[PDB]
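Contents: one structure, followed by commentary.
Residues take their numbers from the sequence shown, with the count starting at 1. Hydrogens, waters and symmetry mates are skipped; everything else that's a heavy atom, side chains included, is used. Note that ligands are numbered from 1 as they come in the structure, with each ligand's atoms numbered from 1 the same way.
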Amino acid sequence: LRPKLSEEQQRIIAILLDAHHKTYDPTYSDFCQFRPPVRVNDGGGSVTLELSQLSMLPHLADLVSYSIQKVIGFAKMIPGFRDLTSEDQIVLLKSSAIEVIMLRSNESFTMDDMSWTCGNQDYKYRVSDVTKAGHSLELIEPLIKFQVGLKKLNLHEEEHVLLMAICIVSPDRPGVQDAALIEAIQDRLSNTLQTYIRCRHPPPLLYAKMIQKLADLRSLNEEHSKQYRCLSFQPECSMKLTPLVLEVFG
Ligand SMILES: C=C1/C(=C\C=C2/CCC[C@]3(C)[C@@H]([C@H](C)CCCC(C)(C)O)CC[C@@H]23)C[C@@H](O)C[C@@H]1O
């Protein structure tokens, strides 16, 4: 059976599309306001050199900080999110922040050359740029594989926004108080996504493949946390980050 989308489900999708359009600028016009990207010579991928310079960290920290602000705005518009206690809201935002950033970045990712292209060459991010920010291949390679796999699903924008919303409103995040309420909110979003796929997604499993990407994100979250810890050990590193980044990942 392929039941039609209820009026409420249609409304939820409309609200989420609007939220995304207001919080994700496809022209990347604000990027010139971030601290400039600096790319030192490191063809050898020297960990020692990368840590001593962290040349790309200020720019990426600013990009991520900016993105967390946009994610906060997006989350506030998810139907039901405001009904949660502020304590639960913050817990969900802090624990999903890096995951939603990885998801939303798929919009700028291109399989032409496996990079995140955000306008001019100055804002094109490749694997080598991430290593210049202090991260290792243990995170980057799996990150790229994730991007390609998500790209191949060819999600409708409707599916893309629902997935980011479901990622944020997850009842199994450590620290949540009212798991039952959170689960109710997520179920409403999940049922909307499942109904949309059966009804609006033409042939040629997609729902299952999407749920699996959420599990993949948990692993990337874990690895990023481990690497952020190592990064924080570097003297003078805090100055290369931002107060928001320090709080969310610290
Ligand atoms: C941000 C956005 C973009 C790209 C995401 C990328 C490319 C560069 C490296 C990033 C920022 C990854 C880094 C592993 C995260 C490092 C962060 C830190 C230095 C604090 O540990 C995660 C997602 C990656 C651009 C645009 O799509 C908006 C989006 O919102």
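Selecting from clomifene, calcitriol, spiperone, forskolin, diperodon, the compound at ligand 1 turns out to be calcitriol. The chain in largest contact with calcitriol (ligand 1) bears the name, in the PDB entry, of vitamin D nuclear receptor. Heavy atoms under 4.0 Å from calcitriol (ligand 1) belong to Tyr24, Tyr28, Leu57, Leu60, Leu63, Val64, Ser67, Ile101, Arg104, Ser105, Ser108, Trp116, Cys118, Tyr125, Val130, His135, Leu139, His224, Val245. When distances from atom 10 (C) of calcitriol (ligand 1) to the protein are checked, no heavy atom turns up under 4.0 Å. Here's the thing with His224: one of its N/O atoms is less than 3.5 angstrom from an N/O atom of calcitriol (ligand 1). For a threshold of 3.5 Å applied to N or O pairs, the pair formed by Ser67 and calcitriol (ligand 1) contains at least one separation below that value. Distances below 4.0 Å separate heavy atoms of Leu63 from the following atoms of calcitriol (ligand 1): 1 (C), 3 (C).
Counting atoms of calcitriol (ligand 1) from 1 in the listed order, those under 4.0 Å from a heavy atom of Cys118 are 25 (C). Under the 4.0 angstrom criterion, atom 13 (C) of calcitriol (ligand 1) counts as lacking any protein heavy-atom contact. Covalent status of calcitriol (ligand 1): not bonded to any chain. The source organism field of the entry for chain A says Homo sapiens. Close approach of calcitriol (ligand 1) to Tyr24 (heavy-atom distance below 4.0 Å) involves ligand atoms 26 (C), 27 (O), 28 (C). Residues flagged by UniProt as binding calcitriol in chain A that sit under 4.0 Å from calcitriol (ligand 1) (heavy atoms): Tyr24, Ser67, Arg104, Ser108, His135, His224. Near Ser108, meaning under 4.0 Å from any of its heavy atoms, are these atoms of calcitriol (ligand 1): 25 (C), 26 (C), 27 (O).
Among protein heavy atoms, atom 23 (C) of calcitriol (ligand 1) sits closest to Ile101 CG2, 3.9 Å. Nearest non-hydrogen protein atom to atom 20 (C) of calcitriol (ligand 1) is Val245 CG1, 4.0 Å. Remark: calcitriol (ligand 1) atoms within the under-4.0 Å shell around heavy atoms of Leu57 are 19 (C). Counting atoms of calcitriol (ligand 1) from 1 in the listed order, those under 4.0 Å from a heavy atom of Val64 are 11 (C), 17 (C). In chain A, most residues contacting calcitriol (ligand 1) belong to UniProt domain NR LBD. Closest to atom 7 (C) of calcitriol (ligand 1) among all protein heavy atoms lies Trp116 CD2, 3.4 Å.
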Protein N/O near calcitriol (ligand 1) N/O, under 3.5 Å, which pairs?
from, atom 1, to, atom 2, distance (Å)
calcitriol (ligand 1), 21 (O), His135, NE2, 2.8
calcitriol (ligand 1), 21 (O), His224, NE2, 2.8
calcitriol (ligand 1), 27 (O), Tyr24, OH, 2.8
calcitriol (ligand 1), 27 (O), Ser108, OG, 2.9
calcitriol (ligand 1), 30 (O), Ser67, OG, 2.8
calcitriol (ligand 1), 30 (O), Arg104, NH1, 2.9

